[PDB]
Structure formats: C-alpha cells, structure tokens
Asks: 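I'm reviewing an experimental structure with erythromycin and have questions.
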Amino acid sequence: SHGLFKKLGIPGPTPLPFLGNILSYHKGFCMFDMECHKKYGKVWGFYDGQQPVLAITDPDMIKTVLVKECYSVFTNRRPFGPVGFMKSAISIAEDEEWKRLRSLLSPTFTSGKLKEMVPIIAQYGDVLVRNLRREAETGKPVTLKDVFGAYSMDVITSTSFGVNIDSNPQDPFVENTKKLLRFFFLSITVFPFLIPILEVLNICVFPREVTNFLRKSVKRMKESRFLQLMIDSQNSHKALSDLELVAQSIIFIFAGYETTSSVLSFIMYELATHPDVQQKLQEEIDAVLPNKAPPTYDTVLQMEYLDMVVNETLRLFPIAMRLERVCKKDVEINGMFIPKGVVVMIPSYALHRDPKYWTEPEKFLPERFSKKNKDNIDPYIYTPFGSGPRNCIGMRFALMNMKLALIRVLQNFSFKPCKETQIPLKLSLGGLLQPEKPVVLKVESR
Ligand SMILES: CC[C@H]1OC(=O)[C@H](C)[C@@H](O[C@H]2C[C@@](C)(OC)[C@@H](O)[C@H](C)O2)[C@H](C)[C@@H](O[C@@H]2O[C@H](C)C[C@H](N(C)C)[C@H]2O)[C@](C)(O)C[C@@H](C)C(=O)[C@H](C)[C@@H](O)[C@]1(C)O
Ligand code: HEM
C-alpha cells in the first residue's frame with residue numbers, strides 16, 4: 001500500500017509505516033511542496049498517513065482533472081468526518097448531491113446580484129477605517145489582524161446571517177461565531193477507519209451548541225422579515241431544504257473569514273514594503289475617486305492597478321496552498337495512469353513560484369499582471385481560487401470585498417514598516433497560509 005508509487009514508478013519521499021510522510025510537515029505545507037517539486041520534478045507521490053497523494057504539475061494534466069474529467073472522475077475533495085448535518089454544505093458535498101447544491105447556488109453568486117450587495121458591504125468599510133483611525137490616534141504601531149479580522153468577520157456574518165455587527169459589541173452573536181471557527185485531527189489522518197466509528201456515535205467536528213444557535217438565529221430572521229437570495233431560492237430539476245440553507249450559511253463563514261483577512265494582511269504588508277507601488281495605487285484611487293468619494297462596484301472594476309496588486313499578492317500567497325481532488329476511477333490522463341482512491345493534489349503555492357512560468361518568482365511585481373504580460377499567464381498554473389466547476393464559487397465577492405476595504409483604508413491612510421515589522425516576511429509553518437507573526441505597521445493619516 002505504501003508501495004503504490006514505487007510500483008507505479010513515481011518518485012516520492014519515503015514513508016514511515018503508519019504516519020506516511022506527515023512528519024515532514026514539520027516545515028509547513030509550503031516548503032514541503034517546494035522541496036518535493038525541486039527534487040522529484042514534474043510529478044511526485046506521498047502519503048498522509050495511509051492516503052496516497054499524487055502531486056501534478058503539467059497545465060494540461062491539471063486542466064484534465066480540474067475541468068475536463070471533473071464530473072466523471074475528479075468531483076470530490078478529500079472526505080473529512082465526522083460532519084453530521086454539514087454533509088449538506090456545498091464544500092463538503094460529493095458527486096450528484098454536490099452538483100445539485102452547486103446549481104442551486106450559482107444564481108446567488110452572479111455579478112449583478114453581487115452589485116446589488118456592494119452597499120451592504122460598504123457600511124463595513126466605514127466601520128473599518130474608524131477602528132483603524134482609532135488605533136492610529138494612539139500613535140503606536142498597529143497589529144492589522146485586529147481590524148481586518150473584524151472587517152472580514154463582519155462582512156461575512158452580515159451577508160450570510162442578516163445580523164449587522166460592529167465587533168466593539170463583542171458579546172452577542174459574535175461569540176458563537178468565534179467559537180465555531182476555532183475548534184484528534186492528527187489521529188483522523190492516521191485512522192480514517194476511525195471516522196465511521198465516530199459518526200455512528202453522533203460525534204461531530206462542528207459543536208452542536210453553536211450550530212443549534214445558528215440554526216435558530218436563521219429561523220428567527222426568516223420570520224422577522226446571501227441569506228435573502230437563498231430565501232428567494234426556496235420559491236420555485238431540484239428543490240432546497242431549510243436545513244441545507246443554514247448549512248451553506250455556516251460554510252460561507254468558514255470559507256470567507258480567515259482567507260479574506262489573511263489576504264488583506266499580506267496585501268498591506270507588500271504595499272508597505274514597496275512604497276512606490278502604494279504611491280501609484282493611491283495615485284490611481286485619487287484619479288478614479290476625486291476626493292474620498294464612496295466606493296462603487298462600477299468604480300472598482302475600473303481600477304487596473306488595484307486588480308494587479310490583489311492578484312500578485314495571491315500569486316505569492318495563495319491561502320489554500322493546494323487544490324485537492326479525489327480520483328473516482330482508474331484513469332489514463334495526458335499519458336499517465338491514476339488509480340482509484342488516490343488524491344490528486346495541485347501545488348498552487350509551488351506552481352505560483354515555478355521559475356519556468358515566472359521570472360524572478362520571489363519578488364513582488366504587479367507588472368506580471370499588466371495588460372501587456374497578462375495574456376501569457378497560464379490559468380492552470382495561477383490558481384488562487386482553483387479552477388473549473390468546483391472552483392471558488394465566491395471568488396468574485398471576495399475580490400470585490402477585499403478591494404472595497406483596500407480602497408477605503410488606502411485613501412485615508414499610509415503604511416510604513418516600523419520597528420516590529422517582519423523583514424523579510426515569515427510564513428505560518430502550520431495550517432492555512434498566514435503571516436507567521438501578525439503584520440505590524442506604522443499607519444499615518446494622509
Ligand atoms: C480555502 C478554500 C477551502 O480550503 C480547503 O478546502 C483546504 C484545502 C482545507 O485543508 C485540507 C487539506 C490539507 C491537505 O491542507 C491543505 C489538510 O492538511 C487539511 C487537514 O485539510 C481546509 C483548511 C480544511 O481543514 C480544516 O480547516 C479548519 C479551519 C481547521 C482544521 N484543523 C487544522 C483544526 C482543518 O481540518 C477544511 C476541512 O476543508 C475546512 C472546511 C470547513 C471547508 O470546507 C472550507 C469552507 C473550505 O472549503 C475552504 C476553507 O474554503
Ligand atoms: C481570498 C478570499 C478567498 C479565497 C482565496 C478563496 C479560495 C477558495 C478556494 C481555493 C477554493 C477551492 C477551489 C478548488 O478546489 O478548485 C474555494 C472554494 C469555495 N469557496 Fe472560497 N475563497 C475566498 C473567499 C470566499 C468567500 C468570501 C466565499 C463566500 C461568499 C467563498 C465560498 C466558497 C465555497 C462555498 C467553496 C466550495 C465550492 C464547491 O465545493 O463547489 N470563498 N475558495
């Protein structure tokens with residue numbers, strides 16, 4: 001079983017009997033991918049405990065798994081139990097049930113329905129520059145994740161649950177959300193055979209107290225009246241449960257919160273270490289919005305450079321680090337055989353820094369994304385939101401949301417690196433991609 005990749009002739013780091021290669025994860029997922037890439041080349045295999053994982057690297061082979069053979073063979077992500085009623089959530093859902101849930105949720109993510117939402121999101125822009133200005137008054141350097149955390153939290157909770165929070169007020173609905181996001185898992189990887197053993201017991205990774213509260217909180221709101229567009233949905237190929245509704249709303253918190261605020265801390269870090277880029281971006285804002293005008297959907301999508309800054313940050317810091325897809329059946333793909341059961345992984349972080357596709361990959365250069373160079377960028381090497389039918393269904397919201405907050409904060413302030421800033425940046429050698437040390441900067445009002 002640990003002889004699968006050898007048998008098939010695929011190089012890979014050698015596994016220990018039960019742990020597979022999980023002890024190599026001590027250096028973080030990113031450096032693990034980078035080293036394997038540089039060492040084993042185009043394709044490599046390893047083991048998360050017992051699970052064969054096959055990393056792939058060819059834009060062609062990637063297109064086949066992420067777009068072409070999506071519905072037929074590479075439909076699902078790694079299973080993860082035990083999840084109870086959350087198996088109804090779109091990111092957890094598998095096969096035809098996922099197909100159905102995805103179809104029912106598209107209409108909720110169109111640009112337009114999103115344009116109809118920028119106002120809701122704009123409220124929280126003010127709230128963010130205020131908290132930011134308050135910390136700037138003090139005269140001391142700012143830990144940005146306090147405010148970007150709060151901002152990301154507020155935008156995501158608002159849009160998914162109705163409630164309109166200024167968290168400031170940090171003991172109503174906020175406290176359940178905090179308790180939901182941050183929760184054994186080491187063990188689950190060694191023994192996926194222990195997952196069925198736990199689901200029988202009704203043991204679930206999402207805490208029942210909170211889910212209940214959240215389940216109630218939507219029943220109340222559904223009565224006293226993304227949430228709306230899902231209500232819209234329940235009136236009219238397929239149906240859509242009340243329990244499935246709340247499940248998508250919880251999932252939106254999980255997907256939108258930490259990714260968004262992480263990206264903002266990174267984006268801010270780079271503008272601060274690259275003053276001529278911050279300068280040019282503020283120059284752009286001041287041209288499209290003459291004197292601190294309210295940001296608009298139609299306005300944002302007219303901002304060339306900003307889109308290049310956001311994209312180049314995601315190139316160097318793709319929060320999900322990898323894309324995964326389970327292989328349903330024996331497949332021959334662009335002249336390579338993949339057996340059923342294997343997890344095919346796309347190493348986004350590593351591919352984003354491959355000297356074959358990017359010149360000087362370590363350096364931050366928004367130019368890569370300029371009108372000139374952009375059309376040679378491979379859409380299967382650059383994947384901060386994944387690709388195909390099972391890509392990030394909230395990609396467009398997230399970009400709009402980040403940009404909104406970027407806009408408001410940037411026209412009002414300016415960012416120098418101070419004393420306690422990390423130079424150069426260290427990355428969280430742990431979970432989802434994050435600065436290893438909270439980003440701290442000097443925030444002067446302009
Ligand atoms: C951004 C895009 C998405 O990210 C991912 O899928 C990556 C690739 C996973 O890493 C996968 C894949 C892999 C290989 O890492 C890349 C693996 O090592 C881990 C265990 O799971 C994450 C984070 C998972 O792990 C869990 O996230 C919790 C917040 C912390 C928890 N743990 C650390 C306490 C961990 O189990 C998990 C289950 O998918 C989170 C659930 C809630 C989701 O469905 C959410 C909404 C996601 O779809 C997502 C955030 O949008
Ligand atoms: C920087 C911000 C964000 C990033 C980088 C991001 C990234 C991702 C990535 C990489 C995936 C996996 C794609 C793949 O596997 O091919 C994904 C899936 C998903 N994302 Fe996001 N996301 C962000 C914000 C959001 C927001 C704000 C929402 C909700 C509005 C959201 C909702 C979802 C959902 C529901 C899925 C699973 C889709 C499916 O399984 O069909 N994301 N996201």
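The first residue of the sequence shown is numbered 1, and numbering continues consecutively from there. If you check the header, you will see the structure was determined by X-ray crystallography, 2.8 Å. Quick note: numbers below take in every heavy atom, side chains included, and nothing from hydrogens, waters or symmetry partners. Both counts, for ligands and for their atoms, begin at 1 and track the order of listing.
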Asks: Could you point out every ligand or chain corresponding to erythromycin?
Replies: ligand 1
Asks: To what macromolecule is erythromycin (ligand 1) bound in this model, taking the chain with most contacts, per UniProt?
Replies: Cytochrome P450 3A4
Asks: To which residue and atom, if any, is there a covalent bond from erythromycin (ligand 1)?
Replies: none
Asks: Quick one: what's in the binding site of erythromycin (ligand 1) at 4.0 Å, using heavy-atom distances?
Replies: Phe29, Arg78, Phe80, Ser91, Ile92, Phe183, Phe185, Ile251, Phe254, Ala255, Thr259, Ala320, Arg322, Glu324
